[PDB]
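The following structure: 1-deoxynojirimycin with beta-glucosidase A.
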Amino acid sequence: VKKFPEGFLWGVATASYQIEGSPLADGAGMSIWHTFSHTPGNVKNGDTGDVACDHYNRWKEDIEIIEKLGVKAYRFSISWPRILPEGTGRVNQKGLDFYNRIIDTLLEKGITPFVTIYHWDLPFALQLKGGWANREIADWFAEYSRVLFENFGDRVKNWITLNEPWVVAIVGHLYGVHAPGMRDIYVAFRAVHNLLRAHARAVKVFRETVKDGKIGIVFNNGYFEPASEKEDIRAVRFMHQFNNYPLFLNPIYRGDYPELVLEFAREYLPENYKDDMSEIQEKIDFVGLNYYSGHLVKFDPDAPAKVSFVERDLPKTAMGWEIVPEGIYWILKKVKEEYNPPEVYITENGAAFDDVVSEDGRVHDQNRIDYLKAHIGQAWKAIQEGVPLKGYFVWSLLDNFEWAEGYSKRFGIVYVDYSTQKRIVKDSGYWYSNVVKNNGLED
Ligand SMILES: OC[C@H]1NC[C@H](O)[C@@H](O)[C@@H]1O
């Protein structure tokens with residue numbers, strides 16, 4: 001048996017653009033994911049978020065599923081352009097109404113809301129003014145955060161500024177695979193910097209408006225290992241510093257970017273970037289870490305960053321991501337060791353597999369159970385060695401729009417039949433329900 005501390009928060013997680021559909025309903029402005037997915041060639045099968053899971057209409061039913069499952073926390077995001085259609089200025093009362101109903105329902109049923117302020121659906125109107133590339137986004141984001149705090153902060157007490165800002169910056173503005181679809185290394189590092197400043201400004205407003213709450217920030221993380229005992233160890237050191245929480249937590253805790261990031265990227269950061277560092281050090285209450293995968297890494301003289309991945313013969317998910325459960329232990333231990341934050345949450349962990357509804361009307365995703373079980377086990381371990389892990393969130397409640405992969409990748413513990421919008425709880429969902437009831441594993 002592996003029992004978790006009393007009060008440990010078992011959660012599920014979603015994001016606004018991935019589940020809601022109806023992106024232009026009730027006076028909402030367009031987002032960058034609306035225009036990105038409506039551009040031919042950007043998303044698999046030309047999928048968009050126009051309908052998605054239709055959560056915009058079926059929100060009550062989805063929450064009832066969370067209730068029925070006994071899950072104690074729900075992490076969801078708010079669509080910035082539903083709230084401020086032009087990004088700043090005018091507030092759309094109908095957008096506030098939609099999240100107000102979700103918030104009140106959750107509290108009625110005793111589910112704890114964890115609100116992600118920004119999960120990638122920037123208002124299109126702000127992208128026209130440069131989006132994350134524009135220093136002024138620190139103001140725009142502050143104003144948006146303030147609206148949320150004032151309207152919801154009486155009831156919501158756990159807040160996340162940014163979801164995966166490395167992805168936002170690098171995959172959105174260097175790789176061009178996500179909105180707004182740009183390929184410019186200098187823009188991508190200005191986005192990194194501005195994301196930090198916007199985060200710090202939001203936290204500052206939070207101290208003024210929600211005096212009894214807690215606020216953090218969420219990072220993607222990979223478990224990187226060297227291909228050989230050789231400068232292979234250093235390329236792993238680079239990937240951890242660049243791709244993992246240190247890119248943002250070295251600034252927040254120590255007032256500068258990590259060493260190896262500066263050696264690679266100093267030419268691409270703003271000239272006097274150090275002038276912003278003391279404001280960036282605004283105290284946070286928790287660190288959220290997402291974790292999915294491990295990667296074997298080698299120095300490579302001819303790669304963009306002097307680094308390439310090498311495929312390993314390990315079990316992979318439908319994403320082709322290698323399943324390495326000890327990565328979640330490693331990253332929890334390392335975060336304590338490097339920055340010692342007062343609280344940590346696993347804000348996302350999960351997997352995509354080729355789910356099908358059997359003749360018996362059930363989704364037998366034993367592979368997802370194996371995945372979840374192995375990772376929850378490893379997180380248990382870190383708790384026993386003193387990591388202040390206060391919660392764990394399965395990505396995702398529902399199969400949903402998986403960004404540039406569209407509907408073809410299913411992460412849910414609940415199946416969605418997109419032709420009817422019927423929800424079918426998967427075996428993994430029933431399994432997790434039992435984990436939550438028992439506050440841990442038992443076999
Ligand atoms: O790729 C899986 C999952 N990981 C990271 C993102 O936060 C989420 O939106 C995405 O669907």
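Counting from 1, the numbers follow the sequence of the chain as shown. Ligands are counted one by one from 1 in listed order, and the atoms in each one are counted from 1 as well. Note: hydrogens, waters and symmetry copies are ignored here, and every other heavy atom, side chains too, is used.
The residue-level binding site of 1-deoxynojirimycin (ligand 1) (heavy-atom cut-off 4.0 Å) is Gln18, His119, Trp120, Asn163, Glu164, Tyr292, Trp321, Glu348, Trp395, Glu402, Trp403, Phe411. When each atom of 1-deoxynojirimycin (ligand 1) is checked for a heavy atom of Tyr292 under 4.0 Å away, the hits are 2 (C), 3 (C), 4 (N). Protein heavy atom at the shortest distance from atom 9 (O) of 1-deoxynojirimycin (ligand 1) is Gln18 OE1, 2.6 Å.
Closest protein heavy atom to atom 6 (C) of 1-deoxynojirimycin (ligand 1): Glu348 OE1, 3.4 Å. Short contacts between 1-deoxynojirimycin (ligand 1) and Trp321, defined as distances under 4.0 Å to a heavy atom of the residue, involve ligand atoms 1 (O). Atoms of 1-deoxynojirimycin (ligand 1) found under 4.0 Å from any heavy atom of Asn163, numbered from 1 in the order shown, are 6 (C), 7 (O). For 1-deoxynojirimycin (ligand 1), the polar-atom distance check finds an N/O of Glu402 within less than 3.5 Å of one of the ligand's N/O atoms. 1-deoxynojirimycin (ligand 1) has a nitrogen or oxygen under 3.5 angstrom from a nitrogen or oxygen of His119.
For chain A and 1-deoxynojirimycin (ligand 1), the nearest UniProt active-site residue, with heavy-atom distance to 1 Å, is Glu348, 3 Å. The distance criterion of under 3.5 Å between nitrogen or oxygen atoms is met by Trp403 with respect to 1-deoxynojirimycin (ligand 1).
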